[PDB]
Amino acid sequence: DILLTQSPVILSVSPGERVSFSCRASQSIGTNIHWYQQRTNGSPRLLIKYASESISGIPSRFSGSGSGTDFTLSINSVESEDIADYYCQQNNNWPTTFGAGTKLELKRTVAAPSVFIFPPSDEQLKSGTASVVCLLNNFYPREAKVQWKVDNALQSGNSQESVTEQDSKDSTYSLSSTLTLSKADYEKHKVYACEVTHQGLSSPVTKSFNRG
Amino acid sequence: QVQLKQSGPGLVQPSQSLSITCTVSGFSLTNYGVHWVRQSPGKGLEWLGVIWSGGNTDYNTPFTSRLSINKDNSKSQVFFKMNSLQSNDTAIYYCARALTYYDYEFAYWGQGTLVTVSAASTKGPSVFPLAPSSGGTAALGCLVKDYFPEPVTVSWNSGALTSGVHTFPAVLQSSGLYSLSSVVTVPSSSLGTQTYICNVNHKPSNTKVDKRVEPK
Amino acid sequence: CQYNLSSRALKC
């Protein structure tokens, strides 16, 4: 089988910049290569067929070049919505095979998160568990620190974080941190605090509530 | 319009078989081949096989002895079946159609079917509100907790509300059950006049829940 | 770097 090697693994660029994706084949494949875009939660979208040939409905900023073993997909002026994974596929030799993909990430100015905290619902407490959620909304860059405190006790090991993919319009991330306690623990304590550290904040932001 | 629509996400037990239906429209199966491609953590995009216009099949080398593709032209249905699934067969499975009858440039794709290979039982989620408590903007959400397997779909107000929505990737808990939150920001003044409902659908357990979220 | 089934995108 033909091995396709895509480089780099991750491309980070600013809007309006030129960008190019490389796909190298383990042996010559002529111009028998197709390119795909895959957005978050989406299925692959055919961008270019046979190395350089255009596809109806695909914006003019996408083009391809190359023959033999070295192929290039170009975006001449990247837009925010071009955020995606990009794949090459060869079909000179059976079976058709795909590259491992290049992730395109977009740069933007620093944006501080808006922080919100949510107490557990009374509904959940009935089941014997308490989830406390801290939301960090629309920030950049991705790096953030969330520190949980319960009655000034630093919490460790009992929270999980999840981060969205970059927004297609403003290029920001959002993050949730969920602190999970047994109902009994939750009822034993009063002050629940989420402290957020991020590059766009001059000092940490704390959101908190008092149970009841 | 050319479309391919696949059957719902499903849990498959180790050593058991996987069955997926691709139902096409906007073209005849007598005129195009339908290919199957999967995407897994360990293998990425991987072509599995094809059923041609005339009913012939080719299967990729590693799958010749456990893969079966059939179809019903009159029903516009293609049937994918794979045997003896192991945990590394956990993947999103796609059907796809090429630009022409004989080729492999995949211009049209199904929405994909997420298959989880696990001995565990299916479980429906609980849905709890994240109640609105800055700058006239209020955040609210739903905590969709303790379900298996992935995925769940979440929309707001039956699809009418999309702006400012963030549905976070699920995280696997130590219980071996998934959990995720979906949040949205809205003007705080609309909290008293609009209703906010997260529509949750966990297809593998056939669980649909609409949770209304209100200021506490 | 590989495809992630929860986030549905590459996870480097």
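Convention: sequence-line order gives letters A, B, ...; per-chain numbering from 1. We use all heavy atoms of the structure for the numbers below, so side chains are in, but hydrogens, waters and symmetry mates are not. When the header is checked for method, it gives X-ray crystallography, 2.2 Å.
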Match the molecule at chains A and B to one of cetuximab, ociperlimab, belimumab, tanezumab, tezepelumab.
-> cetuximab
Which chain of cetuximab leads in heavy-atom pairs with chain C below 4.5 Å?
-> chain B
What residue, out of B:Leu114, B:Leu180, B:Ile92, B:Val171, has the most heavy-atom pairs lying under 4.5 Å from chain C?
-> B:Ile92
Sort B:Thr167 into side chain, backbone, both or neither according to what part of it lies under 4.5 angstrom from a heavy atom of chain C.
-> neither
Which region of B:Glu150, side chain (C-beta onward) or backbone (N, CA, C, O), has a non-hydrogen atom less than 4.5 Å from a non-hydrogen atom of chain C, or is it both or neither?
-> side chain
Segment of B:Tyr178 engaging chain C (4.5 angstrom heavy-atom cut-off) = side chain
Which answer fits B:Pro151, side chain, backbone, both or neither, if we ask what part of it has an atom under 4.5 Å from a heavy atom of chain C?
-> side chain
Site of cetuximab: non-hydrogen cut-off 4.5 Å | C:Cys1, C:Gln2, C:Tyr3, C:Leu5, C:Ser6, C:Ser7, C:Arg8, C:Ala9, C:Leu10, C:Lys11, C:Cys12
